[PDB]
Amino acid sequence: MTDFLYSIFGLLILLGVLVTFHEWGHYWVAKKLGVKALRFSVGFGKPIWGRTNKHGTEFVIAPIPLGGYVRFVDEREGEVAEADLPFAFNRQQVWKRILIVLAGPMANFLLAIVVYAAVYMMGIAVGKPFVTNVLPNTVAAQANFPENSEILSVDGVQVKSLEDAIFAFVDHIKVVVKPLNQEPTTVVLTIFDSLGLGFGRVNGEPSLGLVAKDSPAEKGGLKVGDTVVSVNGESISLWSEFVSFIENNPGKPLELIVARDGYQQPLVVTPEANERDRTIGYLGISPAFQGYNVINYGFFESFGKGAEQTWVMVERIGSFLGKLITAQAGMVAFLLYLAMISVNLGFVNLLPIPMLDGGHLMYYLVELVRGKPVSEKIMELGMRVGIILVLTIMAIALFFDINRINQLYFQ
Ligand SMILES: CNC(=O)[C@H](Cc1ccccc1)NC(=O)[C@H](CC(C)C)[C@H](CSc1cccs1)C(=O)NO
Ligand SMILES: [Zn+2]
């Protein structure tokens, strides 16, 4: 049992990171506001780690990470020394404790955002928008689209994915597409059925780019750079024909002729079918052409797009809650799952449940409502906050127009 190790390792890392950042949001906001923390507990069970801060805060860690808390100085929960009252939770104005309670979920969302922004820089793999077929008597039929072609830029905006293609087609007709062999063309032009286009697997030359070790292709003599010119005496021209011959012949020997180093090499390969379905042949090769696009982002935009993705996630959670009442493998997927679980936690722990942060939010909101000893004061902040807004959004609005100058008739 070795997969168990990495699995529970990722589980513990995810849970620890989420709980630790929630409690650290609570702790750091309370500390910056002037509230002294008494205990910083992460996980349930018996303490496996324990250390006292210079401010008497006891950070403790237990081995079952399913929750945690941050206990502050509070007269409602115990005796407070006369010299510690100015650092007590309850001795602060109501808005301070409101922000302290709100800090947790916010923290979660914040983490989500940054994690999303972290995976938008590393590069995300999407599927190439490869038009496999064209329909008759459609808008694309008169325009004569290419059989097997890849979209490059529709109506000006450069797209590298299918979802991006449909989002551009609903954003707004010029279509720059790349067919096999010949160069890009701006064709004089599901949802694509309105136009007469169909998507599918990418096609190309029967050239080899990868050959797995100890595979039937490697044992038969296939090498990288080989271009299969014929299978069983029949000449082929597309990678799809090659994979057709491979799948249709599980265990039967195929006699290939490949173009290699300027000459022609004859080979023999016996593709073997896998365990899940011993009806589809397989020998272990990859096409020399790519079928993946790599979406990259600048981090100054990756942050905003991760925020938008978190908003999409929380609206999805809202839809799911109202109803209730591509593959980019690697660690990059683990980080996405971690951020999604973080969003789930930041949503669920904000529900007006008595012992959760939402219940505390409700309690301090009704306490603020009951406590109205001054007028025209609540309005005062109402401007002093907005000022900051109309200042900070100004600063960026300045900096934005500053960064466009730093960039800037050849033909
Ligand atoms: C997966 N665990 C949770 O989501 C629970 C609540 C819960 C349990 C079961 C079902 C649904 C929700 N949340 C928390 O433990 C919060 C910290 C999490 C967000 C890291 C915690 C809520 S209070 C307390 C929990 C235990 C003792 S005191 C908090 O706000 N600290 O600042
Ligand atoms: Zn909390």
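Chain A residue numbers are taken from the PDB entry; in order, the displayed residues are 1-172, 179-195, 207-342, 364-446, 454-456. Counting convention: from 1, in listed order, for ligands and their atoms alike. FYI, side chains are in, hydrogens and waters are out, and symmetry mates aren't considered; it's all heavy atoms of this structure. Determined via X-ray crystallography, 3.1 Å.
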Drug identity at ligand 1: batimastat
Bound partner of batimastat (ligand 1), most contacts, as in the PDB entry: Anti sigma-E protein, RseA
Covalent tether of batimastat (ligand 1) (residue, atom, or none): none
Other ligands/ions under 4.0 Å from batimastat (ligand 1), by number and name: ligand 2 (zinc ion)
Residues lining batimastat (ligand 1), heavy atoms within 4.0 Å: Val19, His22, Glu23, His26, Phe44, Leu66, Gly67, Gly68, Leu383, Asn387, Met393, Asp395
